[PDB]
Amino acid sequence: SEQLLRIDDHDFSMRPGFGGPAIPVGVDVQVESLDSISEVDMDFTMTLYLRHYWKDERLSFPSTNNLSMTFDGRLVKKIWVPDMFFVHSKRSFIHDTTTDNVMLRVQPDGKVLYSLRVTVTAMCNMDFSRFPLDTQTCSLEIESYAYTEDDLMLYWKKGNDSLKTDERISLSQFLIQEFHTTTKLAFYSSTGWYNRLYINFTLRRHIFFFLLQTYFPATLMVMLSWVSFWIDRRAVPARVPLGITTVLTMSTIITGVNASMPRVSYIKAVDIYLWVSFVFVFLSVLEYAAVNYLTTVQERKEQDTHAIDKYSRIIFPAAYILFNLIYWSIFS
Amino acid sequence: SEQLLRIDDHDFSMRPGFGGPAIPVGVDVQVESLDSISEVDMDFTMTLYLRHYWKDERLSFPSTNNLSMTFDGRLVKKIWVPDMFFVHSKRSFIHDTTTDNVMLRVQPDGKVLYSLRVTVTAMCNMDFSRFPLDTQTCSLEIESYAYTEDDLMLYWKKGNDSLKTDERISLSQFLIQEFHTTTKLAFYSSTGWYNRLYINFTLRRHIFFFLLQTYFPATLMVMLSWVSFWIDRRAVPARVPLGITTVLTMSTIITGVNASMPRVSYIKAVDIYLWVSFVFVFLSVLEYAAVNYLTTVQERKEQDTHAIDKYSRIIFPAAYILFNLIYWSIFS
Amino acid sequence: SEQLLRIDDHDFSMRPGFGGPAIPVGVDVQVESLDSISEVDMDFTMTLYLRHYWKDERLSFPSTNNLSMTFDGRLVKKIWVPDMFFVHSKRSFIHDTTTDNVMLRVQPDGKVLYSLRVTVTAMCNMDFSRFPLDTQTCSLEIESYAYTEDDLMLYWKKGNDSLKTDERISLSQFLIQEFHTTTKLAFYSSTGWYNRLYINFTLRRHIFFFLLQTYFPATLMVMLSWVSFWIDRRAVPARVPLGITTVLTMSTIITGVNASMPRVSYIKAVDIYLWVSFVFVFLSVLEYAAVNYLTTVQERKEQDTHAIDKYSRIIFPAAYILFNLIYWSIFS
Amino acid sequence: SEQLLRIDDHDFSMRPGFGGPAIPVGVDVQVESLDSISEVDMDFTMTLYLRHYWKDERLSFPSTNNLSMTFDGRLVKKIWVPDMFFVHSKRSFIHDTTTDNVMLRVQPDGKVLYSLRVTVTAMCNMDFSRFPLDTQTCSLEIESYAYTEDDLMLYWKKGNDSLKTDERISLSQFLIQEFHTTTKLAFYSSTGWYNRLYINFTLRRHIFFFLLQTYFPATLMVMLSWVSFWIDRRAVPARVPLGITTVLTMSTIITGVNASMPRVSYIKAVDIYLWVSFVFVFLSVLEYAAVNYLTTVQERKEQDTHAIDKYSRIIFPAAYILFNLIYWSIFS
Amino acid sequence: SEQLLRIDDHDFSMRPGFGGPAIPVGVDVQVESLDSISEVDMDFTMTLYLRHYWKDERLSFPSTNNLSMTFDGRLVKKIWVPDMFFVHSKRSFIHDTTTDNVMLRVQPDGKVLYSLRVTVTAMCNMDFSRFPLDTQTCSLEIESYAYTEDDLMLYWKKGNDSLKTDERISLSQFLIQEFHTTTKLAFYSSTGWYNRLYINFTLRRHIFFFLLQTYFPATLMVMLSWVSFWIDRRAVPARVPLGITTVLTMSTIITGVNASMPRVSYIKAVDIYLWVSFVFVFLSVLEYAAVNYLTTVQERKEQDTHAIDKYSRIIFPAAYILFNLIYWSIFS
Ligand SMILES: C[C@]12CC[C@@H]3c4ccc(O)cc4CC[C@H]3[C@@H]1CC[C@@H]2O
Ligand SMILES: C[C@]12CC[C@@H]3c4ccc(O)cc4CC[C@H]3[C@@H]1CC[C@@H]2O
Ligand SMILES: C[C@]12CC[C@@H]3c4ccc(O)cc4CC[C@H]3[C@@H]1CC[C@@H]2O
Ligand SMILES: C[C@]12CC[C@@H]3c4ccc(O)cc4CC[C@H]3[C@@H]1CC[C@@H]2O
Ligand SMILES: C[C@]12CC[C@@H]3c4ccc(O)cc4CC[C@H]3[C@@H]1CC[C@@H]2O
Ligand SMILES: *[C@@H]1O[C@H](CO)[C@@H](O)[C@H](O)[C@H]1NC(C)=O
Ligand SMILES: *[C@@H]1O[C@H](CO)[C@@H](O)[C@H](O)[C@H]1NC(C)=O
Ligand SMILES: *[C@@H]1O[C@H](CO)[C@@H](O)[C@H](O)[C@H]1NC(C)=O
Ligand SMILES: *[C@@H]1O[C@H](CO)[C@@H](O)[C@H](O)[C@H]1NC(C)=O
Ligand SMILES: *[C@@H]1O[C@H](CO)[C@@H](O)[C@H](O)[C@H]1NC(C)=O
Ligand SMILES: CCCCCCCCCC
Ligand SMILES: CCCCCCCCCC
Ligand SMILES: CCCCCCCCCC
Ligand SMILES: CCCCCCCCCC
Ligand SMILES: CCCCCCCCCC
Ligand SMILES: CCCCCCCC
Ligand SMILES: CCCCCCCC
Ligand SMILES: CCCCCCCC
Ligand SMILES: CCCCCCCC
Ligand SMILES: CCCCCCCC
Ligand SMILES: CCCCCCCC
Ligand SMILES: CCCCCCCC
Ligand SMILES: CCCCCC
Ligand SMILES: CCCCCC
Ligand SMILES: CCCCCC
Ligand SMILES: CCCCCC
Ligand SMILES: CCCCCC
Ligand SMILES: CCCCCC
Ligand SMILES: [Cl-]
């Protein structure tokens, strides 16, 4: 086989067409899976197939018939091939069981297909200010390590038709949508200009799960604190334990939510809602302290419902409704 | 040894029978263990033996007697062998202590057995909507990396008798059952058609553990909230603390369950049961607020059991029974 | 050195005595440490020295005197050596700092000692039904990868004297005892019969730690629930808060134990004890609801201690004693 | 290509200019990302590009025109290159997908550019005494492993213009600022003097997040404990449960904060604030015990507000204000 | 360079002075960092420089002047070097970025310096019975893998001056002190006697952090339980809720401490203190049950402070003081 290719007779340390125009190299990608995601480290992991296409007259071979020849990674060391790398990647590797998952297919005309299977972890900067109502966009980037656009020209072989994605692709914690491709020119002052390829996608959460587990309990506890305004002010051993036990219950709820969340140490939209609800419950405990004190002062001086309860029955609900209208107009 | 095989005289970069019909290659598998499983990453890990069978006249050798010859991984580099890989795998490796766990056995006729020991991690997409009453099915897949069915024909050597599983195979968190084999043809537009082999199995949970730890406590707390309807309405400092302390107790139970569960952020069958029980307890606290208010209004106007308690003693249990009948007809 | 051994003149791809009887190979082991253990993955990790002994006339060398020659891993590649592997192992490796921890010692007669230092992780199936009163037994297994008993005969060189264990060997969470060796013949239908070597040991827990942290608190809370039967039935605002706060306290205890335990999702001996104690406390809350209701009915009809308290003072302790006697006769 | 360079004719085991003055080697760095940080292990991880510049007459080549030649890691093994390493690093690696991310560019004059992409984890000693108001400074260090300043002279090629940082660089838990470069001479008694290069940066936290989650709840609970001084001393079943339930609520808050914090086992500024607030709440429970006892003694002897309440209404708030003024003058 | 050394003319598979006396080899160590520590696995991780010194006449070279020659890891494969390994180590590796961090310096006389940078993880058996007042001692050990003292003699080159430690060495959770060196002879029955080198150090904790977080809260809760003896026995709805809420508060404290501690499943000094404090609080709840029962019996028979309170006011504090004196005389 390797005697028909004239491997011993050519310098394969240099590209096709050296000293002349650039070599055009086309690319396809097939995404096999999304493997995990980390919100505190801000990265994601992906497994894919990567395919390259070009022509080299040094590899043309005589044949009576149109049959191609096929080789593995042991030929790759002896000929020239393109030099792609993944930009902004944290780590990656090429699969090797039961042997190296790499292939070369060569036509009698000297056209080449070069194919490999690979796993990569890449960074994706995330903003959690609107959590849990946030939306994140991420991308994977491809570039030549050593050749500027004067020597190698890199492009998507079929436009957006160059990207395929597995029919069963999913994540346990997110909804994935809107896969599409783009390109852009980039500059490095030590070397010059390069073309870069992009794969783009969007992530979203299951909203009703978070509403049920977080917003609904806090709202129910605020409503229980209002029941106190309808209990007789003479029942001190009933009015006093109800308040402080409601404060304890709101406190344990907020502690459990904090223990369950990812460790992102800045203020988020759900934080604001919980601490405002805590303040409403605290203020209901100050209301009865005022009522009891003034009742006692009148009983002492002088020796039906009090006006403060009458007003609280109206004012506490109205204020909480106003808060909710503003909050949901901000976070939509 | 390696001079009887005519290694220096043949091109082992190409398959047996090249330019003619396909080479048939048979396969056996012996599963040694299931090593771990991840529900948030959606994958499982397995260790196994993989065995391959074929014939190659280039490896036939003269002998007076029927003795075979046996070799290790140092021959594999010099001859031709099949090119299997594990489809949809996240990572894998071949064992190498005290040396490479690889073997080749060759008959005087040129029949070959090729054997190796390997560990693989593979993806298995899971749905947790019915948790803890869910059932999961998983599979492992085997294919040639470079040869279509025009050049290599891949098959199970003995039918379903080709698969063996270790007598002590188990998992700490699941029951495993129904190991069996299948095959299917697959298509890639850049190359053509391939045959693929499958190993299939099913996973189930220990149901009574989850009933005892999750459903039983919530049911007991709902029943304690009903005790209030049988206590004298005049005892305000008894009726009021009982309710709010029952709400606190249900809240700490739900927080502990949430902290213990895998981090799958969508709504599950057990979530529904817990939040409905929370609402039943909240409504029992509103019932006495009504009774106490109306009692106070009559005492003020005018200066035995109340009808609301009489009805609640009947209506709250009946409604919870109706809920349970519907719920268990849905989740079965 | 390597010119006295006639390395260039012999085929070291095949065993001593090929075409004749089997080569006997003796083995010693010295355990250096037990490194970790996992209860949810069901495996353990160990570091050891492994030593092999045999004779090969191809390695005999002329000498005036009884001095042996000593070599490192660079000779191992050029001669024949045995092919041992660890059965049912998850992963393993051979140490290489400051160089490969491998040695060969050769006598003028052609006797060889082959020695290496290695770390291995191996599976050990565990049953936790009796936890914390469980006992586990584990073993490590050694075998030839390619040679049946017709070609290689594997044995412990000195009987049980072949195994040594480090004087400071320990685990943070277990007591280790009863190290001993065994052997057994095993069969594979594709190849034939093999002899296998075993190292065996036993694991146990610190019982009084678990009694103090788990059984003692639950027993104290059951006894506090009984104090209620000695408090005046007229004190409704005292009898009612005591019960529901005891239920809350038992609930937080059980939640903490569940959060601390390994994630084995089936029912264990300690689970049974905790949920029976929870039911005893719940039933003490139903007792006073009956007493208060019937007292109120008589006061209404008609307009000293009640018999139900008198009987409960005797019956609740007797029943709990009976439960404990049965339980400890079952789990011993 | 490699025949124009006279690789076979020169000893590339030794530096340019050996037996004469030192070889000057210039350096640039481009930071691609900060990848993670650990507060308990005291280290950080970074990915970067590293570039080296020097001249070697042995690599000058004849040409009619000013075109450079470009090579990969397969030339690096055959010529001389500098020997940089990262001082005080825990681990590091050079990227290799789809091939080694290493490049050599050579001019006809014999000037060389040597470039590679690398990930490193480095130690950064941290002090948490002022947490959460702490500020940390970290640095990365570069040096030659084998050559003193008598043989190799190492320097930043353009001053502070030699360092570039990615426009999207960020961390989930910190604010990063003030990237700048320095150099310093270092001494080893076994070999001599070396020049070392430094990259320096500063880290800070989001202060208002920690104020909201930690300081605000403790302050609200101290204020609720003061409400008791305004409730009638005759209401024993109201005054007594309020105190002990406030103590319980402060206790659960402190436990949640401790469970959420990194495991640094020495006293921190936020610890001091929480335990002082706990003591204020405890002392409010002792105040009413005194009032109730003395009231009972007078009622017994003899058979309006008490002076202790009157004074507590003034003294407890004044003392807590004084504490806050001192504390915030210390931690600023 | 490598032609002045007569590499092709000498057998570097054997030591200097073979068939004669032993080769003396001297050693220095420079500790760069302590990298982490694990209390449940019982090990620690360290990074260091290791340096070796010896003489070999086969490496003497002619020179007019006193200049040494310097080489990297590519010479190490061709000559003889010592064979050190780290005894009782779990894992280790040698650094390789931007190339292998290994160096050889050779004098014209044939004296050699051999130097490398390395990271190692080593076991250190720990006892936690006195926690948090425990003290731990650890050591790292160095030995030849293949040569007994008849062939190689290993020693510290300068006594205790052979060990240096970095001026900024620290751990987040411990105080480190008392670094010093020792040596000892060791015996293996299969080979003979070897000399071993030791590096020794000591670890201690920050005591006042643990006192503040663990012992102080439990002591305050015991003192609050005593307040009950000073409240009027007629106030049943005050005396009864105070006790059971104090029991709940002690229970949540102990649960939080247990959740925060390393998972060492045997009894520790701090365990004893917490469960004794729990028993004191339980006994204060039994005291009032007795007082209330006997008061009720006298009121029934017959139809000021009770003696049991009078005695409890003295006896409970005295007993707790006695316990503390004994406990701190035991744990010091
Ligand atoms: C602020 C809290 C303590 C400090 C915790 C912390 C501390 C350090 C850090 O880097 C992240 C976090 C995230 C969760 C934080 C906690 C959430 C609740 C708790 O009060
Ligand atoms: C919804 C909760 C907070 C957010 C938690 C979270 C947050 C992010 C995420 O990716 C997964 C989870 C799983 C558990 C969730 C928690 C369960 C209880 C808590 O209220
Ligand atoms: C059953 C609980 C929720 C589900 C938890 C779980 C869920 C899934 C799983 O694989 C293991 C475990 C172990 C601990 C379990 C918890 C123990 C307490 C809690 O109620
Ligand atoms: C001191 C606590 C128990 C011991 C815990 C521990 C124990 C050992 C250790 O190395 C670190 C820590 C950090 C958190 C500590 C806990 C914080 C709260 C708890 O009381
Ligand atoms: C004993 C507890 C349950 C069992 C827990 C366990 C269980 C198994 C194990 O190997 C270690 C530990 C450490 C912490 C233990 C817990 C401490 C508190 C809890 O009650
Ligand atoms: C196909 O191959 C035949 C030789 O068998 C050749 O004559 C013909 O030109 C080829 N056609 C193409 C399109 O390559
Ligand atoms: C077995 O080997 C003998 C030679 O010893 C040969 O004559 C015979 O044909 C062989 N039989 C088979 C079935 O291979
Ligand atoms: C020991 O070596 C001597 C040669 O020095 C030899 O004569 C003698 O037979 C040897 N003895 C044994 C037991 O090997
Ligand atoms: C550029 O190259 C030309 C040859 O094409 C040469 O004559 C000229 O001197 C070069 N100039 C520089 C600045 O190198
Ligand atoms: C130093 O080198 C000179 C040669 O330049 C030599 O004559 C002299 O003896 C050497 N001295 C020592 C102490 O090695
Ligand atoms: C299953 C969806 C439950 C949604 C509850 C939302 C509550 C929000 C209260 C403001
Ligand atoms: C040991 C099995 C316990 C099962 C309890 C199930 C309770 C379900 C209540 C609806
Ligand atoms: C230190 C040992 C403590 C043992 C307590 C066991 C309590 C069991 C109650 C049934
Ligand atoms: C969103 C910022 C909230 C800051 C609260 C600070 C409270 C401090 C009390 C002393
Ligand atoms: C900051 C140091 C605090 C020490 C408190 C110790 C309390 C011990 C009570 C027995
Ligand atoms: C917390 C609200 C207090 C309102 C007091 C009104 C006095 C007239
Ligand atoms: C909630 C505020 C009540 C204010 C009442 C004022 C009555 C004069
Ligand atoms: C639980 C609903 C009770 C409704 C009572 C209506 C009495 C007229
Ligand atoms: C605990 C059961 C008490 C039953 C009392 C029956 C009195 C007639
Ligand atoms: C906790 C404060 C007690 C003050 C007592 C004052 C007695 C005159
Ligand atoms: C909080 C201290 C109060 C002291 C009151 C003293 C009255 C004589
Ligand atoms: C705490 C023990 C009190 C014992 C009182 C005995 C009175 C006769
Ligand atoms: C607790 C504050 C009461 C104020 C009454 C006017
Ligand atoms: C708390 C609401 C009471 C309504 C009474 C009609
Ligand atoms: C899927 C929700 C079912 C609810 C049954 C009451
Ligand atoms: C709560 C049930 C009471 C039954 C009285 C007979
Ligand atoms: C609880 C102590 C009371 C002291 C009264 C003077
Ligand atoms: C709860 C036990 C009371 C005993 C009275 C003598
Ligand atoms: Cl009352």
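Chain identifiers are assigned alphabetically (A, B, ...) following the order of the sequence lines, protein sequences preceding nucleic acid strands; residue numbering begins at 1 within each chain. Header says: electron microscopy, 2.5 Å. Just so you know, these numbers use all the heavy atoms, side chains as well, and skip hydrogens, waters and symmetry mates. Counting starts at 1 for both ligands and their atoms, following the listed order.
The molecule at ligand 3 is the drug estradiol. Structurally, the main neighbour of estradiol (ligand 3) is the chain that UniProt identifies as Gamma-aminobutyric acid receptor subunit rho-1.
By chain letter, those with a heavy atom nearer than 4.0 Å to estradiol (ligand 3) are B, C. Binding site of estradiol (ligand 3) at 4.0 Å (heavy atoms): B:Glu39, B:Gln173, B:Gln213, B:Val257, B:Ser260, B:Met261, B:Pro262, C:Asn258, C:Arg263, C:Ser265.
Numbered from 1 in the order shown, with element, the atoms of estradiol (ligand 3) that lie under 4.0 Å from a heavy atom of B:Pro262 read 7 (C), 8 (C). Transmembrane segments of chain B (UniProt order, N terminus first) with a heavy atom under 4.0 Å from estradiol (ligand 3): 1, 2. The PDB entry lists the organism for chain B as Homo sapiens. Of the protein's heavy atoms, B:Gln213 CB, 3.7 Å lies nearest to atom 1 (C) of estradiol (ligand 3).
Remark: minimum distance from atom 14 (C) of estradiol (ligand 3) to any protein heavy atom is reached at C:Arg263 NH1, 3.9 Å. Nearest protein neighbour of atom 16 (C) of estradiol (ligand 3), counting heavy atoms only, is B:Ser260 CB, 3.3 Å. Nearest non-hydrogen protein atom to atom 10 (O) of estradiol (ligand 3) is B:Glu39 OE1, 3.6 Å. In summary, the atoms of estradiol (ligand 3) found under 4.0 Å from a heavy atom of B:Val257, numbered by their order in the structure, are 20 (O). Close contacts between estradiol (ligand 3) and C:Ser265 involve ligand atoms 9 (C), 11 (C), 12 (C) [criterion: under 4.0 Å to a heavy atom].
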